[PDB]
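Consider the following structure, which contains ensitrelvir.
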2 protein chains.
Amino acid sequence: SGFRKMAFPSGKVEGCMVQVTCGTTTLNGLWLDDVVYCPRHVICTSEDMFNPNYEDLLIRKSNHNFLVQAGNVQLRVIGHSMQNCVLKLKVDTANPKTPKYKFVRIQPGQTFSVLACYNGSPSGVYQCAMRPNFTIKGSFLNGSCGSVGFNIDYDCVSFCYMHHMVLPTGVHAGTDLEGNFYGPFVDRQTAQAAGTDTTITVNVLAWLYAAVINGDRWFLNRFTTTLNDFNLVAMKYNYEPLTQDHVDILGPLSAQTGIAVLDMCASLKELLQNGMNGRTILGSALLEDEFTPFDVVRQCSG
Amino acid sequence: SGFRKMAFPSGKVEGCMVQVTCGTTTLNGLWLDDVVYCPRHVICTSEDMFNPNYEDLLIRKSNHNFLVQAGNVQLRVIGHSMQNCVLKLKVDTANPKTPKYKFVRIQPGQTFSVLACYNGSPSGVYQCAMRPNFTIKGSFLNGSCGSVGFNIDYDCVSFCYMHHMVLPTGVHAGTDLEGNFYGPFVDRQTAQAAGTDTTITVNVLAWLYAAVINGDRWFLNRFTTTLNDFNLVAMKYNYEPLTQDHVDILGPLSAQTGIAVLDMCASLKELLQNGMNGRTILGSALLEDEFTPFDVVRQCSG
Ligand SMILES: Cn1cnc(Cn2c(=O)nc(Nc3cc4cn(C)nc4cc3Cl)n(Cc3cc(F)c(F)cc3F)c2=O)n1
Ligand SMILES: Cn1cnc(Cn2c(=O)nc(Nc3cc4cn(C)nc4cc3Cl)n(Cc3cc(F)c(F)cc3F)c2=O)n1
Ligand SMILES: Cc1ncc(C[n+]2csc(CCO)c2C)c(N)n1
């Protein structure tokens, strides 16, 4: 019973956060086995951040220019390399708290947990979605660079996000753990705009099913729609199109509630056209799109 | 808005979760030093759950009737006692992952992180507020009994909530770590109704300060009020009256913005009497009441 934004327990990741410093520049790193991963922006000085030539800056660096602190222990760097926008510091000590882990690149519309950290210390945890325009709407302050996002599946941590920067609209951009940005962004201190964001339609539908499972039905109706006719209306409102795969994924929620997927599409179509008339769904005045069908099933089965 | 419900990192609590089983009744417990804390409901058979005689259920029980497991490893119970609605099981091993900790009883309005657990295994973490009617709008399934709520200040975990039961409306009820229920509930499997809820005034005020901090301040009027006058008006709109402690925890935000607490009460009074008139605050037409003054500073300032 109930439905809330839920993050994975963050303990397995907390044991991996460290602080990395070059000169006066400092951010968070991820210590797995004998490697620390962190944004390569750390090698920038105040004058480099605007337009860094990273290969130039890195070749001028020695191992002892990197100071890595785990708690109050200093870790000795014995090698360094760059993979795209991620710096890899080889250290002489393996992290005994290293969990079983994978690096994955997540798809837009999928969710993950963010462990926000400052100076290598974990500060808070919360759930985010990869937006269709490759930004994330996180909660990050100065010093959060290098914080990571992840999912956990049977004691294996799949790291999918490393935080790099804040955009002028206050949304956030980062890379996978291979150092490739999500979206058309680049790691320099310039004002960067994202593409137009769209709403994750399959997630909104999942969250409507959550609302029904928790006893709210005011938005349901008796109208009918085809998948294509729903997608025409959805595109009009800058909603992502709904695929047959998405319809299939919503299957369990349809079975549970007895509401056909296309019947819930008919309900969403009306909400897009009429609005909510000051009413709320699961306490929200806006249509929530950062719950996947798996997130709803996980919280609402039974 | 840039505001998200953020949990504390859960690792310090994850290392304390265990499963406790009596016969087939099984739930979650909290292992700190050489004591495991858990709801006394675990000693009920199904026929006991409706109207248990705990004293009589406990006199029949011996140490060897309690199965306490960390993962699949059994912890031998060497003493047991009842304190209000919590059972305290003395075990023969001091938990090596015990953090610095305290037991605290919170007030309505205060927020905390919940580590939802099933069979001793943490499943997710999210932020909750204690409602004025002493329920929490959590997210809990069967098997969640004994999950705990907590805050972390510096490196000390303040435990404030242990989950006991779901109410007919789907909200949740439980105790502090001394076994004293929040609210008028008792640990019987009966349909107990929560009283009518109200809005957490101190947290709405914190939210208005957060809006001011971010430059959204159209709602600041030119008036002030006395605390007594504001309290009397607030109750007529199903808002909670303010306490002297409430005024004091608004102090840092009042100092940060230079807006006197009673001036902000006058501004909230005007919103109550007139409404938003089609206009929004931090992008929402709803006033948020589950961010405490500390949450606001935590998310604006760090
Ligand atoms: C408000 N906010 C929200 N998210 C963020 C993340 N973020 C950050 O934490 N730090 C950044 N720049 C740095 C400045 C430093 C000053 N010192 C002494 N050390 C510093 C280290 C960093 Cl990383 N940035 C900006 C930023 C970071 C990048 F990785 C990048 F490629 C471009 C950028 F403009 C930042 O956004 N802050
Ligand atoms: C849907 N939901 C949301 N929160 C909860 C919490 N909750 C719970 O997890 N378990 C409960 N009863 C038990 C049944 C058991 C069956 N087996 C095999 N083992 C069991 C252990 C428990 Cl604790 N309850 C009900 C409940 C638990 C209490 F502690 C109490 F005092 C009164 C109650 F009615 C429950 O609410 N479920
Ligand atoms: C945290 C943080 N880091 C860097 C800058 C950028 N900055 C400050 S002075 C200067 C010119 C070189 O001295 C630059 C690029 C910032 N604003 N905040």
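Chain lettering follows the listing: the opening sequence line is A, and each later line takes the next letter. Residue numbering in chain A adheres to the PDB entry, whereby the residues present occupy positions 1-302 in order. What you see of chain B is 1-302, where the numbers are those given in the PDB entry. We count ligands from 1, going down the list as the structure has it; atoms in each ligand are counted the same way.
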Ensitrelvir: ligands or chains:
ligands 1 and 2
Write down the name, per the PDB entry, of the macromolecule bound to ensitrelvir (ligand 1) with the most contacts.
3C-like proteinase nsp5
Which other polymer chains sit within a heavy-atom distance below 4.0 Å of ensitrelvir (ligand 1)?
A
Looking only at N/O atoms, are A/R188 and ensitrelvir (ligand 1) under 3.5 Å apart anywhere?
no
Between A/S144 and ensitrelvir (ligand 1), is there a nitrogen or oxygen pair with a distance under 3.5 Å?
yes
Residue and atom name of the nearest protein heavy atom (relative to atom 18 (C) of ensitrelvir (ligand 1)), distance in Å to one decimal
A/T24 O, 3.1 Å
Look up the UniProt domain of chain A holding most residues in contact with ensitrelvir (ligand 1).
Peptidase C30
Specify the protein heavy atom at minimum distance from atom 15 (C) of ensitrelvir (ligand 1): its residue, its atom name, and the distance to 0.1 Å.
A/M49 CE, 3.9 Å
Counting non-hydrogen protein atoms only, what is the nearest one to atom 35 (C) of ensitrelvir (ligand 1)? Give residue, atom name and distance.
A/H164 O, 3.5 Å
As a test of the contact definition, would atom 11 (C) of ensitrelvir (ligand 1) count as having a protein heavy-atom neighbour under 4.0 Å?
no
Checking the N or O distance criterion of under 3.5 Å, is ensitrelvir (ligand 1) in contact with A/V186?
no
From the options A/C145, B/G2, A/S139, select the one whose nearest heavy atom is closest to atom 23 (Cl) of ensitrelvir (ligand 1).
A/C145
Compute the shortest N/O to N/O distance between A/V166 and ensitrelvir (ligand 1) and return yes if it is under 3.5 Å, no if not.
yes
When only distance counts, is A/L27 in polar contact with ensitrelvir (ligand 1), meaning an N/O pair under 3.5 Å?
no
Name the UniProt active-site residue of chain A nearest to ensitrelvir (ligand 1) and give the heavy-atom distance to 1 Å.
A/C145, 3 Å
Can you confirm, on distance only, whether ensitrelvir (ligand 1) has an N/O atom lying under 3.5 Å from any N/O atom belonging to A/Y54?
no
Okay, next thing: residues with a heavy atom within 4.0 Å of ensitrelvir (ligand 1) - which are they?
A/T24, A/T25, A/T26, A/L27, A/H41, A/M49, A/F140, A/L141, A/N142, A/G143, A/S144, A/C145, A/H163, A/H164, A/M165, A/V166, A/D187, A/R188, A/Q189
